[PDB]
Asks: 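Right, I'll just put the structure down here and ask away after.
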Amino acid sequence: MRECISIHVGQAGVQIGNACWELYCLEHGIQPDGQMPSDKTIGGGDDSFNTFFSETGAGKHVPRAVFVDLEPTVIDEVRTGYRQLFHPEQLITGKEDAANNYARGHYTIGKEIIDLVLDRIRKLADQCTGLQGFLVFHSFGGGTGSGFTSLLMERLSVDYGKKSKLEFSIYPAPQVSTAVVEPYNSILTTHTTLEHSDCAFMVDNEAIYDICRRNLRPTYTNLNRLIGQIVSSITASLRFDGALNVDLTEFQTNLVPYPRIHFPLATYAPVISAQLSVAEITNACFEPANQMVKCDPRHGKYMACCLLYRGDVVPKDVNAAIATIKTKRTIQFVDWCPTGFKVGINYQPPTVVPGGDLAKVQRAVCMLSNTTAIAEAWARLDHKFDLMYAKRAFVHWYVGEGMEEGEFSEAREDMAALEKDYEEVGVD
Amino acid sequence: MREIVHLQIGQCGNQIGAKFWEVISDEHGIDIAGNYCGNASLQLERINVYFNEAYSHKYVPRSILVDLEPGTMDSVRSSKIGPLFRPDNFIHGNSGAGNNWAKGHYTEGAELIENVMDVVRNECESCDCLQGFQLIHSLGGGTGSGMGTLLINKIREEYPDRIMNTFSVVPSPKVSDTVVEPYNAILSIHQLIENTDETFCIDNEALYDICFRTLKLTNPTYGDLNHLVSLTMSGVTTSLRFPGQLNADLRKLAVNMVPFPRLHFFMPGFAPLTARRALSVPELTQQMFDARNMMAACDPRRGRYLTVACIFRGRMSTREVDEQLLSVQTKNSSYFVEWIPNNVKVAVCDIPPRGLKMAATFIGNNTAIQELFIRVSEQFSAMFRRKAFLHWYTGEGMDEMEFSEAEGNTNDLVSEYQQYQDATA
Ligand SMILES: COc1ccc(C[C@@H]2NC(=O)/C=C/C[C@@H]([C@H](C)[C@H]3O[C@@H]3c3ccccc3)OC(=O)[C@H](CC(C)C)OC(=O)C(C)(C)CNC2=O)cc1Cl
Ligand SMILES: Nc1nc2c(ncn2[C@@H]2O[C@H](COP(=O)(O)OP(=O)(O)OP(=O)(O)O)[C@@H](O)[C@H]2O)c(=O)[nH]1
Ligand SMILES: Nc1nc2c(ncn2[C@@H]2O[C@H](COP(=O)(O)OP(=O)(O)O)[C@@H](O)[C@H]2O)c(=O)[nH]1
């Protein structure tokens with residue numbers, strides 16, 4: 001009765017989406033060719049995976065996925081190494097990359113391809129009768145994943161204004177960065193997609209790299225597998241039995257109070273090399289060094305918490321873990337009915353990749369918590385933006401695609417307003 | 001006898017109405033088939049206000065259960081009083097509002113208000129004479145408060161010469177986890193000020209306090225709150241359900257208890273409150289006016305009783321009740337206004353509620369109810385100064401000046417309450 005259309009923009013979006021759909025086929029027991037051993041006896045939908053997976057006339061469980069990128073290498077990689085799983089009609093390729101430029105993907109190169117992607121989006125939405133919205137997979141640093149994401153968000157806000165759109169962004173990291181103007185692209189795509197995004201799970205690769213270094217350099221494959229595990233356990237509640245956060249409106253209402261403050265934080269305890277009590281893994285979800293954003297939540301104030309447990313976790317000791325967490329004076333909630341840890345428990349254990357990077361575990365916990373500690377990350381990004389705009393460095397690569405000079409000052413004013421609003425939330 | 005059409009909006013209204021109807025049908029001696037089986041002729045007297053007389057001695061209630069989710073209707077039908085209710089009077093929507101007042105006041109309440117107006121007009125055109133409408137709903141929910149205020153506006157437009165009695169349940173943070181409830185409460189309070197003549201301010205905060213201190217139950221389960229509000233509603237409506245000296249048939253209750261068109265917020269209470277025991281007159285009277293016993297989060301020592309209608313149920317001596325209440329009124333003459341003489345009306349009904357030998361129900365327009373409208377308004381101030389969840393309501397066509405208008409009207413009500421409290425004879 002409900003459908004979701006996943007959208008992947010950029011090389012990072014395409015690779016993350018392929019890993020995530022592989023893990024979704026692994027967790028739900030769907031065969032890689034598209035058939036299902038057990039659940040295909042009915043042959044119909046609404047079997048708790050109809051929010052993501054669509055069934056054709058031949059019984060194939062093709063995912064409702066759109067892979068868009070301006071480079072066809074990763075698209076052909078998905079089409080070769082999967083091919084019968086993803087239809088070639090919904091996989092849109094491009095000719096020329098935007099090449100780490102926001103304005104190239106937003107004004108010239110993405111504008112020649114935005115209409116075909118919109119037509120494919122409408123064609124995939126015609127099969128959906130009760131669709132909720134879209135999951136945008138992109139990355140902040142790239143040229144496609146910022147410019148085409150911003151133009152896509154503008155088009156989906158004009159044309160699909162009654163729907164709510166998520167966001168799955170990749171925050172740039174100095175450990176693995178292929179460009180220098182990632183602050184410029186990130187600030188511009190934050191200012192453009194501020195009013196068009198309702199939940200942005202921005203995760204930086206520095207935290208994933210540090211987790212892979214200290215628990216598991218690790219390459220992009222290990223980072224992709226860990227990020228796919230993180231996103232799969234984030235969206236485990238949407239593809240399973242209903243406890244909480246099973247809808248996009250639930251995500252938008254349990255964590256996002258403001259029209260602009262829609263940046264949650266995820267934290268994951270059970271990262272072990274390929275036992276552990278509930279209290280310590282609940283305590284490890286509050287550790288600042290295990291978060292998916294490199295920031296300190298103890299200097300900020302929480303706004304919400306949606307603890308999602310996976311595996312055979314008894315719900316009796318979860319409340320005792322909650323009490324032992326709340327006895328500590330580290331967490332300082334807001335002072336207008338802050339509620340608490342809205343725990344929902346799914347009894348299906350999470351499945352890991354056979355011989356991959358994460359071992360199979362019985363107790364898994366994720367902490368979808370909003371805070372004001374993301375303002376430190378935005379202050380870092382605006383400090384890098386202000387350092388490269390005092391002397392107008394790298395400016396001409398954007399003005400040559402039709403972008404004006406005042407767009408950078410507008411994005412700086414928008415980021416100053418975002419920092420001021422985060423401070424005003426943080427000040428009673 | 002006159003005829004009242006009962007209206008319940010929301011799942012809180014549906015649950016409390018089902019428990020209330022069960023308590024009434026136990027008290028009036030009506031079985032699940034709608035046939036009379038009581039032992040007193042007073043139970044069959046004044047039964048046409050609530051129970052419609054169908055064919056073959058079937059006394060079905062004239063209840064209009066309104067909701068936006070069919071699960072509440074299935075829970076009503078699955079209970080014991082489900083076959084007792086009228087199956088043609090069930091109205092249920094497809095999608096609930098879910099703590100959204102704008103969605104239940106502008107879109108979904110508007111899209112179902114034509115059907116509920118058709119049902120109301122079908123019930124009203126068969127009336128020989130209409131007495132009024134009794135409304136039971138919660139001010140915090142999504143379709144409850146919004147559709148209740150829209151139904152109130154439509155009823156006031158259609159029948160301007162009829163009374164509007166509302167059992168408005170004010171939300172509280174101690175039993176409700178939703179944060180946006182001051183918005184719904186303040187908006188419904190602003191609608192009920194301008195378009196309603198009666199309000200029974202039953203507060204869940206005081207219910208939780210009663211269940212915590214008096215009943216010594218830590219958990220505020222909704223069944224115990226349902227039982228307590230149903231007992232208090234039965235004790236309030238024993239004036240309408242049985243003939244006596246104080247009939248108080250809706251309009252008479254409004255003439256006695258309401259001095260001003262804005263200051264019509266009552267404060268019901270129930271003295272012998274016991275969960276699922278010697279009873280006598282002076283203990284019941286000293287439990288009647290206690291701050292802990294009352295079902296609204298108020299302090300009667302800080303306010304003045306404008307009107308009091310204390311009703312006793314059971315087999316008691318009327319002279320001792322009158323002497324005890326006169327002693328209470330004379331001993332606490334600073335707690336009553338001196339510019340309204342003889343403001344305490346006493347009535348005695350011989351039929352007690354089932355499970356209790358004696359009962360003592362008090363209704364009062366005390367000035368201490370402005371503490372509740374200061375508490376809800378100050379929780380509204382901490383939720384409007386930072387615009388939390390304001391994009392939901394303002395995206396449904398609601399202006400942001402509507403919240404300012406509601407806050408200004410509630411502040412004006414608080415100012416007028418304090419001004420009339422400061423005046424003395
Ligand atoms: C300041 O930080 C916070 C601190 C605490 C919390 C607590 C946190 N959020 C709220 O109360 C927010 C309420 C606003 C309304 C909004 C205004 C409704 O119109 C939206 C709507 C919903 C459905 C259909 C159409 C429209 O959502 C709800 O009622 C949703 C209904 C949905 C899940 C069915 O239900 C809940 O919220 C739950 C799931 C039952 C519990 N939620 C909470 O404990 C949040 C924040 Cl951000
Ligand atoms: N975690 C993770 N990040 C990736 C991956 N691929 C690219 N990135 C991120 O992409 C950023 C640089 O952008 P690009 O190299 O241009 O890739 P892109 O974001 O897809 O943009 P386009 O190449 O134009 O499509 C880096 O900072 C990386 O963090 C990946 O496979 N995993
Ligand atoms: N006393 C009492 N209050 C209730 C009960 N159920 C819900 N409420 C209150 O009603 C409010 C929710 O309104 P609701 O009827 O659920 O609105 P709806 O979901 O839109 O139909 C909450 O703030 C609760 O405090 C109950 O059984 N007893």
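A, B, ... follow the sequence lines: proteins, then strands. Residue 1 opens every chain. Indexing begins at 1, ligand by ligand and atom by atom, following the structure's order. Method of determination (from the header): electron microscopy, 3.5 Å. We show just part of the entry here, counting contacts only within that part.
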Asks: What is the name of the drug located at ligand 1?
Replies: cryptophycin 52
Asks: Which chain makes more heavy-atom contacts with cryptophycin 52 (ligand 1) than any other chain, name per UniProt?
Replies: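 The main partner is Tubulin beta-6 chain.
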Asks: Counting non-hydrogen atoms only, which other chains lie under 4.0 Å from cryptophycin 52 (ligand 1)?
Replies: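 Heavy-atom neighbours of cryptophycin 52 (ligand 1): A, B.
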Asks: According to the entry, what name goes with chain A?
Replies: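 It's listed in the entry as Detyrosinated tubulin alpha-1A chain.
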Asks: Would you look up which organism the entry lists as the source of chain B?
Replies: Gallus gallus
Asks: Specify the residue and atom forming a covalent bond with cryptophycin 52 (ligand 1) in the deposited structure.
Replies: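 Modeled covalent link: none.
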